[PDB]
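The chain called A is the first sequence line; B is the second; the pattern continues. Residue numbering in chain A adheres to the PDB entry, whereby the residues present occupy positions 2-235 in order. Following the PDB entry, chain B shows residues 2-220, kept in their order. Determined via X-ray crystallography, 2.0 Å.
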Amino acid sequence: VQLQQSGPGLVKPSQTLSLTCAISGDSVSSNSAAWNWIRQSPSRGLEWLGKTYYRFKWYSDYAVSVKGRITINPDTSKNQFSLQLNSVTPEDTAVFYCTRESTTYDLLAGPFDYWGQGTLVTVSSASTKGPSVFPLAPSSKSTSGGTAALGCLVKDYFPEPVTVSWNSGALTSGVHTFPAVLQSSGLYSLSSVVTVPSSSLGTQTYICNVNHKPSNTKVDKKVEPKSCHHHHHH
Amino acid sequence: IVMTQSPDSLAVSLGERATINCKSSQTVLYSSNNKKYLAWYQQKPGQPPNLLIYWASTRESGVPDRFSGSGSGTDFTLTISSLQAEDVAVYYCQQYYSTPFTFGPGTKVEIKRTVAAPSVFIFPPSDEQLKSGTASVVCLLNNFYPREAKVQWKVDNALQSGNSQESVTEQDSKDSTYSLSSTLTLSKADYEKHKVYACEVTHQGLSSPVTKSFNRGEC
């Protein structure tokens, strides 16, 4: 069983947040499941929003905090279900999760046993801005004991999030992708660094793959030791 | 049904036991079938919660047996019999006894390990960025413990303020360390007015503050 959510991005205030969760390995009409949305925010923590489920017809139940603003609709043809939240305000910004509640016969409730990956929806009137990606080149100042640190600086984007991978996902050990910082301009920046053997910088290639889904921006940057043209006197 | 948890957090050494408490404001033991409608989840940063325990005491398939749950219909515990590095996370309990289903506020679990000094690195701005008119200098503190650290920027030995931002990682799931990135940002004009760019790092693992520096336009 896998639950795959639609991507992150901006919703303008007073408009309708709209997400989808695509199910594989199970049917959205399953007699023994209910299909839920959960939101996770700063201080409200994890909060159940609603669910739909098929017993002999479709039923939906919704949290009182979103009464009259929410719909969760099944799509039997694409084996999906939706979340729509009406008239969103900036305070609706949150990570949203779809999840399966597993039930059986003579049990009318169960835990959330499978979860989507989460979608950060940001409510704001600002426009998206894609990042600039700059190399953090390995140098004498980023080495230590057989090890070299290198990275990418992902600067001036909006909204969160950006995805950073290295070598298309083949490089994961020793990677630190830092939490973004909020710049005074309201834009975000982060860095992603990796520690590699200094012995093999000549034979290995290190490419940071940056994906800012809210703006449909993908950047690949090759990061290499920088050639020297200065100190002009020796 | 308000769910509360205790403690709010904990940090203990590898191989120690940890118990996390959870309470529901009314009973979630169902008289009809004598089941407790109580689940526990593990959540790591960037990931969805992951079901550990349900029916208060049944371990979910694929969950290590060092996780167990027990409870009384209103008071519940999650126990990790022997804490492992990959257990750093937030642990939530949740009742599914009555709508609306409600979650506890979470208990954050961190590993207490031995002191480890940061490896300090510095990166001048890229030529590509400098063409854009801006210079970002990055100071990197790699794989240190404990999380407390102080970075100071000095430009030609003058202490900086108001032009840097930093952030720290979550705790590493393998070596239980933290890493920190600090970025000094100047205009290209301002950057090119000075020579020595340095970050100075104080940490419990360092007998005296470590300074990492470069000379602009020198190599």
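The name recorded for the drug at chains A and B is tiragolumab.
PDB entry name of chain A: antibody heavy chain. Formally, the PDB entry designates chain B as antibody light chain.
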